[PDB]
Amino acid sequence: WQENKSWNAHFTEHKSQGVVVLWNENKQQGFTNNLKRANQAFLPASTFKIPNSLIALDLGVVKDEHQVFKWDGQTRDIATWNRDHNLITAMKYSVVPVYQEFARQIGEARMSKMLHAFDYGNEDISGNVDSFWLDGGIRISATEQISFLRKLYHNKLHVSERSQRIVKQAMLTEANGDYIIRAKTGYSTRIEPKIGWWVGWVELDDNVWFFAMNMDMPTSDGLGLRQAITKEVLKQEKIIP
Amino acid sequence: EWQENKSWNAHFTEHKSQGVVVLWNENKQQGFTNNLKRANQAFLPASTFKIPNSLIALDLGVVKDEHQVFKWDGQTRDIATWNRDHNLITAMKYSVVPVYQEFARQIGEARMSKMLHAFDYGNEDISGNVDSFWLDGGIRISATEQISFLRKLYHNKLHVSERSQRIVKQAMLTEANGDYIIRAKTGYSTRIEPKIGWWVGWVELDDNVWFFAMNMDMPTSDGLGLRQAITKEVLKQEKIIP
Ligand SMILES: *C(=O)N1C[C@H](NOS(=O)(=O)O)CC[C@H]1C(N)=O
Ligand SMILES: *C(=O)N1C[C@H](NOS(=O)(=O)O)CC[C@H]1C(N)=O
């Protein structure tokens, strides 16, 4: 591990506070601007769709990435939620109601088991079975996110290979002739401190770079900064052109 | 049901080129092309053959997974990116012929033939060298047949394991953003006339999938970038991508 305080400038520049954590898989070395915050545990929020998807698939609650989840007919704040979805589009548009339903069908007991098996964060499910990742007892740090993601990448989680491959497909965010990004965004709004998350990895020809960032987010105005700042660090470290 | 629409020829004309683009709307089950006749003309698949080759290699265990390393044989070749170690992902990306030759040798004539017949792939003919028949042998496929093949792949309906099909689709990943995902493979038939360039694959949207297959005359390697550029001009035109 290495602290690299120079990255703070990217935060400073956007009048922001937070942490970016980076792991070099070939060299097994981590890098971060803030070793203390990198180990600070927060609510996972919508980053919880990763393990939730995994569990739903492995238990057959979700058959596959094509299965349609019908809108319940209730209009909500985010327009893209008000329509039918599959796993691919539910992940992309971060469709809460679909993931709530997954969680209800999974159930308290099986959800607890799976998180303990995943070694995920503090493994605590206290709260509502369908919102505990948003305002219940579960907490995870950036470094623990990486550790989780590394298992997922290598297909080493205690779920089927197939489930893991489907989720990684659903995490696809960006790809071109230089890199592939698989990742998931999040915004913890109910409990202070309000924070934005971006976690995932960058795939290169020769290596893989895992990432996990969070940043203070008092309003939804700054959301774009999750990606923008992470990329500024990736460019700096010459991981992406 | 197919529709000809000759307006797309302009995109070829504008780059002082000849060829065909074929499009298939999966939701509507309708095809579109600028040239119905060329769309059904069969050509050597060349490097587009890496799709079914990858599939077969995986399904038989010749390739364990997308991470398995294929060591460079130490012979320096024309294309610099081939002169290094590769996995399935990078071998597909940089279209590394020697790796795919080795796969083919290990697969063998008999198993390769059975699999292609089972895939209903092109004319199903393997005549020629077991490791180059897709480049100078007897195998031939049309753009429409490419689509029909790709459609089976997309729906996991080929006669190989689900896992193999998923891995290959992953390896076909070319481009992705917030508007579309493109999974595809390029090709350049150089040994036998007519020299042609290929691009085949599909465009994934939130709500639909658009399959594509194009080929175009390619007397020199100068025009290679036009495979993608022209295809995208049609896709823009039809408002499939922005
Ligand atoms: C997830 O954290 N949420 C669902 C949705 N996600 O958008 S995000 O992934 O860009 O963060 C809106 C924010 C959040 C929520 N309030 O439930
Ligand atoms: C494949 O058709 N080939 C291998 C490599 N691929 O290039 S391409 O995919 O961009 O078309 C070079 C061309 C061709 C060959 N010479 O064998």
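Proteins come first, then strands; the chains are lettered A, B, ... in the order of their sequence lines, and each starts at number 1. What you see below is based on every heavy atom in this structure, not just the backbone, and it leaves out hydrogens, waters and symmetry mates. Order of appearance sets the numbers: ligands from 1, and atoms from 1 within every ligand. The deposited model was determined using X-ray crystallography, 2.5 Å.
- The drug name recorded for ligand 1 is avibactam (bound form).
- This structure shows the largest set of contacts to avibactam (bound form, ligand 1) coming from the chain UniProt labels Beta-lactamase OXA-48.
- Every other chain with a heavy atom under 4.0 Å from avibactam (bound form, ligand 1) is named here: A.
- The residue-level binding site of avibactam (bound form, ligand 1) (heavy-atom cut-off 4.0 Å) is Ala45(A), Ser46(A), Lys49(A), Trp81(A), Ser94(A), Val96(A), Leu134(A), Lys184(A), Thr185(A), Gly186(A), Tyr187(A), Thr189(A), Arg226(A).
- The deposited entry places the covalent bond of avibactam (bound form, ligand 1) on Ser46(A) OG.
- Taking every non-hydrogen atom of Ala45(A) and a distance limit under 4.0 Å, the qualifying atoms of avibactam (bound form, ligand 1) come out as 2 (O).
- According to the entry, the source organism of chain A is Klebsiella pneumoniae.
- Which parts of avibactam (bound form, ligand 1) touch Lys184(A) is read off a 4.0 Å heavy-atom cut-off, strictly below it: atoms 9 (O).
- Listed by atom number, the atoms of avibactam (bound form, ligand 1) under 4.0 Å from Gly186(A) heavy atoms are 2 (O), 9 (O), 11 (O).
- Nearest protein neighbour of atom 11 (O) of avibactam (bound form, ligand 1), counting heavy atoms only, is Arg226(A) NH1, 2.8 Å.
- Measured by non-hydrogen atoms, the distance from avibactam (bound form, ligand 1) falls under 4.0 Å for these UniProt beta-lactam-binding residues of chain A: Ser46(A), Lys49(A), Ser94(A), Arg226(A).
- The protein atom (non-hydrogen) at minimum distance from atom 16 (N) of avibactam (bound form, ligand 1) is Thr189(A) OG1, 3.5 Å.
- Closest UniProt active-site residue, chain A versus avibactam (bound form, ligand 1), heavy-atom distance to 1 Å: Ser46(A), 1 Å.
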